[PDB]
Amino acid sequence: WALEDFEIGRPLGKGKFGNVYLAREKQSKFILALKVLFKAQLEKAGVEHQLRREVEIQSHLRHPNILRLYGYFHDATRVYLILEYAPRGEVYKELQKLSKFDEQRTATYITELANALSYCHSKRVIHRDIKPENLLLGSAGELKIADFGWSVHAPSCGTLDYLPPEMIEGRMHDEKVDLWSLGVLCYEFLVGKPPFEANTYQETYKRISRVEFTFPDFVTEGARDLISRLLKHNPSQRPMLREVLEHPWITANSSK
Ligand SMILES: O=C(O)c1ccc(Nc2ncc3c(n2)-c2ccc(Cl)cc2C(c2c(F)cccc2F)=NC3)cc1
């Protein structure tokens with residue numbers, strides 16, 4: 001695999017630590033997304049074990065709702081990451097443009113996530129980094145999990161918003177950590193922003209540690225219940241996916 005097997009299209013993103021361009025595999029005209037990385041910024045951060053370890057995990061996962069990593073290859077000074085391309089764009093931007101999502105749209109995204117996660121929780125992998133900007137949209141408008149920068153094996157410093165008390169209180173945690181994010185996320189899908197939002201890192205900790213959230217009046221009781229069930233402080237109180245997938249509100253509003 002050489003960078004000359006591909007035809008770079010329009011840029012879709014920037015980082016940290018390279019760029020993501022549209023691209024067409026020359027011989028098969030196969031459309032995809034290609035992530036670039038400079039070995040320079042790589043060792044300058046030393047996170048090379050992660051890249052190898054993250055690419056490691058993602059490369060061995062199969063799900064309609066999990067963005068696929070076909071392959072990769074490095075050259076003179078670059079690292080190349082051959083990724084599945086998501087036509088409809090990023091869920092984050094969408095939320096930005098619409099402000100929030102009606103119950104039907106929210107309820108379905110959750111159902112798709114629940115499966116993708118139910119799946120990960122059986123391959124013994126925990127995402128832990130579920131957040132809008134980690135979600136993209138398939139051409140059919142369906143949800144796709146994109147990043148694995150953290151996702152680890154278990155039972156086992158950035159944005160504190162989607163992390164549960166255990167993660168934050170440096171405590172011992174497991175697969176139920178993702179069920180807390182699903183709650184937070186659900187809330188954001190419906191409210192327009194996270195439950196434990198704060199102008200300061202410090203005070204978010206407090207809001208999250210003490211599980212302090214309230215709903216806007218417009219939030220329906222069907223939702224409030226689910227979210228509340230999902231945002232239980234004690235990881236054991238956190239329901240299990242099946243139950244989530246089979247919650248009244250979920251069923252009464254989902255497409256799947
Ligand atoms: O603006 C539009 O109209 C638009 C934007 C994007 C798409 N599609 C798309 N499909 C697949 C990927 C990406 N984007 C993508 C794009 C940019 C960047 Cl900075 C990262 C990635 C990723 C990614 C990743 F590796 C880690 C974490 C998150 C990721 F999102 N990986 C594949 C369609 C339309």
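Along the sequence shown, residues are numbered consecutively beginning with 1. Counting starts at 1 for both ligands and their atoms, following the listed order. Values below: every heavy atom of this structure, side chains too, minus hydrogens, waters and symmetry copies. Method of determination (from the header): X-ray crystallography, 3.3 Å.
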Student: State which drug is located at ligand 1.
Tutor: MLN8054
Student: For MLN8054 (ligand 1), which chain wins on contact count (greatest number of heavy-atom pairs under 4.5 Å), named per UniProt?
Tutor: Aurora kinase A
Student: Please list the residues near MLN8054 (ligand 1), using 4.0 Å as the heavy-atom limit.
Tutor: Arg10, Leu12, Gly13, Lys14, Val20, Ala33, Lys35, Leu67, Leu83, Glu84, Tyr85, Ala86, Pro87, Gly89, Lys93, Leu136, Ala146, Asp147
Student: Does MLN8054 (ligand 1) approach any residue of chain A that UniProt lists for ATP binding closer than 4.0 Å (heavy atoms), and which?
Tutor: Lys35, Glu84, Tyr85, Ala86, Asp147
Student: Most residues of chain A in contact with MLN8054 (ligand 1) fall within which UniProt domain?
Tutor: Protein kinase
Student: Give the closest UniProt active-site residue of chain A to MLN8054 (ligand 1) and its minimum heavy-atom distance, rounded to 1 Å.
Tutor: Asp129, 7 Å
